[PDB]
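Opening notes on nilotinib bound to Mitogen-activated protein kinase 14.
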Amino acid sequence: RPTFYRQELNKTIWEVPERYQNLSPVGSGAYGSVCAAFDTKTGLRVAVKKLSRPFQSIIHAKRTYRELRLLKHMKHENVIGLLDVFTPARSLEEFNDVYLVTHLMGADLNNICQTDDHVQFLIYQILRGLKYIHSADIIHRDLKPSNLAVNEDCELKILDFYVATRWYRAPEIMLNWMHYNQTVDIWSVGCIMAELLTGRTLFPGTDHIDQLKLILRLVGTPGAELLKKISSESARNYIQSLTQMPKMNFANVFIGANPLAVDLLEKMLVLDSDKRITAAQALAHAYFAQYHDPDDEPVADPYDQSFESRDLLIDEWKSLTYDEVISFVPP
Ligand SMILES: Cc1cn(-c2cc(NC(=O)c3ccc(C)c(Nc4nccc(-c5cccnc5)n4)c3)cc(C(F)(F)F)c2)cn1
């Protein structure tokens, strides 16, 4: 049981074991604050996240539990993994804060390591990690370049932490569809891969409405029947007021690109989420022929999400979270 020191960072009091030094605030939000640090015990650069009031509400406590459970379960080369989890509390009765620790990566996909081969390798790794995540019955929902970390040797890792999420969000989420499926993440991959191919953001909308119009300008406005699978009533009415836009031929948009990459993008960037390619299907596409290895593209061990159906109070989620903290074993 180590010694903690205190330091006021990100408008809050950080209490961390002395092994973590050189704390430097990275960013913050309503769901936590992140610092880069140096772990003197391993010699690693790490990221430390302090969850912001994790037990203020039932949903806060449940998602605190949800994140810790999820992260303790992820064992994949292309998904961020947990190096440590700690609390300064000495007992459940004073348990109020939770800290998570991962590797610090040298870069994200916005800031780059190294061609068509380099786009293939990066997108392959995203899809390899997504196949794993999706096999655990988890949807990322927030994929964007700043959530994709890359080390020196261009090994990529998916995480969840300017660069707007809206630029990469699936249209059915933008149109207020509540019942979307895992391929919302594939839409995001298509937008990311377009930007790696051309150098430019595919749909850099300045606002909610601008985003929809830029999307429809490329894929074409949907018919009424398609609208009812991807959109809520007020969004359907608005889309139906717009001039008809035809689908563009992606070959004239991604001029010069590998024709197999264009074919893959045509399968990713479709409005019909029942027609959109899955991560496992995309990994088998001929575009990735030089890296595709079904024996090295594993699924996840079964992930017990039955807690998602439990109706628990704040103190009950707090209690389960505490037990996940004190049972953690580092890799
Ligand atoms: C409520 C909820 C959360 N999630 C979920 C959480 C994470 N967490 C992290 O990635 C995470 C948690 C703690 C830490 C410390 C970090 N590390 C981190 N965070 C922000 C930035 C950086 C960073 C900064 C600079 C360079 N490299 C990394 N690292 C990640 C990851 C996923 C997924 F799907 F992507 F796997 C899902 C699901 N439901």
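Residues take their numbers from the sequence shown, with the count starting at 1. For ligands, and for the atoms within them, numbers begin at 1 and follow the listed sequence.
- Per UniProt, most contacting residues of chain A around nilotinib lie in the domain Protein kinase.
- Looking at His140 against nilotinib, only its side chain comes within 4.0 Å, counting heavy atoms.
- UniProt lists residues of chain A as binding ATP; of these, a heavy atom within 4.0 Å of nilotinib is found for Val34, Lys49.
- Proximity to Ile80 (heavy-atom distance under 4.0 Å) selects the following atoms of nilotinib: 10 (O).
- Heavy atoms only, to 1 Å: the UniProt active-site residue in chain A nearest to nilotinib comes out as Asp160, 3 Å.
- Taking distance alone, with nitrogen or oxygen atoms compared against 3.5 Å, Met105 approaches nilotinib more closely than that limit.
- Taking only nitrogen or oxygen atoms, main chain and side chain alike, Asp160 reaches within less than 3.5 Å of nilotinib.
- For atom 13 (C) of nilotinib, the closest non-hydrogen atom of the protein is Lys49 CE, 3.6 Å.
- The atoms of nilotinib that sit less than 4.0 Å from any heavy atom of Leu104 are 25 (C), 26 (C).
- Looking at atom 21 (C) of nilotinib, its nearest protein heavy atom turns out to be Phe161 CD1, 3.5 Å.
- Of all the atoms in nilotinib, the ones that sit under 4.0 Å from a non-hydrogen atom of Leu100 are 13 (C), 15 (C).
- The nearest protein atom to atom 2 (C) of nilotinib, hydrogens excluded, is given as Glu67 CB, 4.2 Å; this is a heavy-atom distance.
- Those atoms of nilotinib with a heavy atom of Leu70 less than 4.0 angstrom away are 37 (C), 38 (C).
- Summary of contacts: the protein heavy atom closest to atom 1 (C) of nilotinib is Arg63 O, 3.8 Å.
- Among all protein heavy atoms, the one lying closest to atom 17 (N) of nilotinib is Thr102 OG1, 2.9 Å.
- If you number the atoms of nilotinib from 1 as listed, the ones under 4.0 Å from a heavy atom of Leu71 come out as 8 (N), 12 (C).
- Residue-ligand proximity, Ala47 to nilotinib, at heavy-atom distances under 4.0 Å covers atoms 15 (C), 17 (N), 18 (C), 29 (N).
- Around nilotinib, within 4.0 Å by heavy-atom distance, are found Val34, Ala47, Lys49, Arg63, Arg66, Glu67, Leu70, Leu71, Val79, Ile80, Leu100, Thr102, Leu104, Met105, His140, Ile158, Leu159, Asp160, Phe161.
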